[PDB]
Amino acid sequence: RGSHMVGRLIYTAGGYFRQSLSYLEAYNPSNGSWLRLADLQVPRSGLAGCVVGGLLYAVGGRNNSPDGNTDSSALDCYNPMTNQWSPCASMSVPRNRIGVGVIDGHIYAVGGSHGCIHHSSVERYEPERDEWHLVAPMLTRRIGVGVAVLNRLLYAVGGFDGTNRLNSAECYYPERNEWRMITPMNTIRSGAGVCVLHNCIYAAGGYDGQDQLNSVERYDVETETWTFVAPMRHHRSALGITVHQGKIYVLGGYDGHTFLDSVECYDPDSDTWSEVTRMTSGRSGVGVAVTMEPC
Ligand SMILES: COC(=O)/C=C/C(=O)OC
Ligand SMILES: COC(=O)/C=C/C(=O)OC
Ligand SMILES: COC(=O)/C=C/C(=O)OC
């Protein structure tokens, strides 16, 4: 898979170490290299990343800084061809510890917190019109929620509702604008990395109310059951996650002791995790997505 005429990189945006971060860095699995690119205009942790039409989007989060703490409603777009960030229309509400998924070229922003309240609301961005619109809210308030898309359906997995961390999960059916509960995970997880590989939704890591997790489980949408696979080498919560050429990559996080620079890669063929690189510095709460090499 080469986009146009160049390779695809794993982009990590933002994050947290002592304070919220503005870093944008790109990792190349083909040769091991890291590139530092244009900083975010506003530092942010607890954001999500996604790609539509080759462009990288940074959604939500919070600027934890000495000068103050501000939850973000921002949507910002990075163009690899220009190495520049551009503001887009802002969401209806600030959303820290947000989850994001893409269906049919549209960005869904799910859940997250604003101050002391925990959202169940969901809204959808149309890049063609630069507009957000609210859709049906989830059945559950969720922050630290993992999101993934499979077969043009949107899934919201785990999180924290303001009192309890959650093992529950739910699915959104766009043509009925309706959420439905699915089978709950076997583990309570907030701040897990959630992605899709083949016909399964993976939930890696997270926080269960006492411990950061290294376990990984996957939901087979045909069987409606969750099964554990190999655990990661590191326990981690608030990790970044993405898929690149058939493998899962997890980036950073917090293990109860250190903000991790470790990047691990899961090979589904062998059911093994391996360390593949280190980020340039340890951090948690990053947004991650995959698109073309920059100029
Ligand atoms: C923005 O993300 C955070 O502030 C998380 C910090 C943490 O759990 O490390 C002790
Ligand atoms: C052009 O509209 C699209 O749906 C493109 C999506 C994309 O770039 O996949 C990572
Ligand atoms: C309020 O409870 C916590 O300490 C949360 C820890 C966490 O999110 O994992 C690193």
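We number each residue from 1, following the sequence as shown. Read the numbers this way: they start at 1 and go in the same order the structure lists the ligands and their atoms.
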Write down the drug at ligand 1. dimethyl fumarate
Could you tell me the main partner of dimethyl fumarate (ligand 1) here, using whatever name the PDB entry has for it? Keap1-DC
Show which residues surround dimethyl fumarate (ligand 1) within 4.0 Å on heavy-atom distance. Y16, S45, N64, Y254, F259
For dimethyl fumarate (ligand 1), which atoms sit closer than 4.0 Å to a heavy atom of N64? 1 (C)
Considering non-hydrogen atoms of the protein only, which is the closest contact for atom 8 (O) of dimethyl fumarate (ligand 1), and what is the distance? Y254 CD2, 4.0 Å
Give the numbers and elements of all dimethyl fumarate (ligand 1) atoms closer than 4.0 Å to a heavy atom of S45. 1 (C)
Please state which protein non-hydrogen atom is closest to atom 3 (C) of dimethyl fumarate (ligand 1) and give its distance, to 0.1 Å? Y16 CD2, 3.7 Å
Taking 4.0 angstrom as the limit and counting only heavy atoms of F259, give me the atoms of dimethyl fumarate (ligand 1) inside it, by number and element. 6 (C), 7 (C), 9 (O), 10 (C)
Got any other ligands or ions under 4.0 Å from dimethyl fumarate (ligand 1)? ligand 3 (dimethyl fumarate)
